[PDB]
Engineer: 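If you scroll down you'll find the structure; I have some questions about it.
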Amino acid sequence: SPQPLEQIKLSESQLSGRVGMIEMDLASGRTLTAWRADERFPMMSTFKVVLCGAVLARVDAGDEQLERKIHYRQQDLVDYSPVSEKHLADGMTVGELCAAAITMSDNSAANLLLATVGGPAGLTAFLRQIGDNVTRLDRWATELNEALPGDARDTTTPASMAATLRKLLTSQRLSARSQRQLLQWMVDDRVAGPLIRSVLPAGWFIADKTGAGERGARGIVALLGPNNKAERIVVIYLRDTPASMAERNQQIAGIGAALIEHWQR
Ligand SMILES: OC[C@H]1O[C@H](O[C@H]2[C@H](O)[C@@H](O)[C@H](OCCCCCCC3CCCCC3)O[C@@H]2CO)[C@H](O)[C@@H](O)[C@@H]1O
Ligand SMILES: *C(=O)/C=C/N[C@@H](C(=O)O)C(C)(C)S(=O)O
């Protein structure tokens, strides 16, 4: 594979779309690679990690409990609810809802949690509270993935998302237990995690949340590193490409390969 920036450029050329990327040291925030890092991209399902950071903040404040059971109705369900559709009779705890939202990308679980933090506006206010003045959630799950050109709704920037994830995972804004919980939910991703491990060389750590949307939107927020350590945050977003899902996945994997082969920078 070529150097990271050369591979990122190659991916735009091959996809005819925009790629946004940040590679950042998790412990210090040192930015290593930045490409269109201040440009907007639809967050898609990656917003679910920030959502659960807001839930954990409420738990830390004593305004929520991960144990609290939420009972919901079938009419509350939206498209793609693999875990929540199985619990109409018994409900799910707030912690179970975050696990379903992050590890299975369950949309009804995400919406139930979104209401607890004040909806899209409440989550956006939380982002402003932690110093992210760019990321914004405007719609509920299912409609936030529309990815219309020029539409600023439900977007982030690679730089903003990377800084926000670092703040949630390591800045001590969340309690120690909450920081550990958010990380474990990403480690536990069932949608892409196992697949990524299957193609990663031995010794590489992965934790992640992926997303997909219209007009080719695709993305991933991840922790990656050799020696089985979450050394870096890597955020990659793609937008406005007509390519197949398989090729969008292949290009993101290609950028990851370039990082792996040329890690010491
Ligand atoms: O010299 C480095 C390595 O080069 C190859 O590894 C390949 C691997 O066989 C391939 O499967 C992967 O594809 C990349 C898979 C990446 C998948 C997800 C990437 C995500 C993760 C973080 C956020 C953004 C992208 O590339 C590496 C590096 O060339 C060799 O197979 C391996 O033995 C060797 O240790
Ligand atoms: C998160 O990225 C979700 C992606 N897609 C879903 C969505 O809510 O937009 C569907 C319903 C389109 S499907 O799961 O792809």
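Heads up: numbering here begins at 1 and tracks the sequence. Counting starts at 1 for both ligands and their atoms, following the listed order. Computed from heavy atoms alone, side chains included, the values below leave out hydrogens, waters and symmetry copies.
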Engineer: Write down the drug at ligand 2.
Structural biologist: sulbactam (bound form)
Engineer: Hey, which chain has the most contacts with sulbactam (bound form, ligand 2) here? Just the name the PDB entry gives it.
Structural biologist: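 Greatest contact count: Beta-lactamase SHV-1.
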Engineer: For sulbactam (bound form, ligand 2), which residues make up the site at a heavy-atom cut-off of 4.0 Å?
Structural biologist: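 By heavy-atom distance, that gives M44, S45, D79, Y80, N107, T142, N145, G211, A212.
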Engineer: Under 4.0 Å from a heavy atom of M44: give me the atoms of sulbactam (bound form, ligand 2) that qualify, with their elements.
Structural biologist: 2 (O)
Engineer: Can you tell me the protein heavy atom closest to atom 11 (C) of sulbactam (bound form, ligand 2) and the distance?
Structural biologist: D79 OD2, 3.3 Å
Engineer: Report the organism recorded for chain A in the deposit.
Structural biologist: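 The entry gives Klebsiella pneumoniae.
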Engineer: Give me the nearest non-hydrogen protein atom to atom 6 (C) of sulbactam (bound form, ligand 2) as residue plus atom name, then the distance to 0.1 Å.
Structural biologist: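 Scanning the protein heavy atoms, the shortest distance from atom 6 (C) of sulbactam (bound form, ligand 2) goes to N107 ND2, 4.0 Å.
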Engineer: For atom 13 (S) of sulbactam (bound form, ligand 2), which protein heavy atom lies nearest, and how many Å away is it?
Structural biologist: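 Protein heavy atom with the smallest distance to atom 13 (S) of sulbactam (bound form, ligand 2): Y80 CB, 4.8 Å.
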Engineer: What are the atoms of sulbactam (bound form, ligand 2), with element, lying closer than 4.0 Å to any heavy atom of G211?
Structural biologist: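 Heavy-atom distances to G211 below 4.0 Å select 2 (O).
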Engineer: Counting both backbone and side chain atoms, is some N or O of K48 under 3.5 Å from an N or O of sulbactam (bound form, ligand 2)?
Structural biologist: no
Engineer: Look at atom 7 (C) of sulbactam (bound form, ligand 2) and say which protein heavy atom is nearest, naming residue and atom and giving the distance to 0.1 Å.
Structural biologist: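 Minimum-distance protein heavy atom for atom 7 (C) of sulbactam (bound form, ligand 2) reads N145 ND2, 3.0 Å.
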Engineer: Just wondering - which UniProt-listed active-site residue of chain A is nearest to sulbactam (bound form, ligand 2), and at what heavy-atom distance (1 Å precision)?
Structural biologist: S45, 1 Å
Engineer: To which residue and atom, if any, is there a covalent bond from sulbactam (bound form, ligand 2)?
Structural biologist: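 Covalent bond target: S45 OG.
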Engineer: So which protein heavy atom does atom 2 (O) of sulbactam (bound form, ligand 2) come closest to, and at what separation?
Structural biologist: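 Looking only at protein heavy atoms, the one closest to atom 2 (O) of sulbactam (bound form, ligand 2) is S45 OG, 2.2 Å.
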Engineer: Tell me, which protein residue and heavy-atom name are nearest atom 5 (N) of sulbactam (bound form, ligand 2), and how many Å apart are they?
Structural biologist: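 That would be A212 O, 3.9 Å.
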Engineer: So, for atom 9 (O) of sulbactam (bound form, ligand 2), does the protein have a heavy atom nearer than 4.0 Å?
Structural biologist: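 Given the 4.0 Å limit, the answer for atom 9 (O) of sulbactam (bound form, ligand 2) is yes, a protein heavy atom qualifies.
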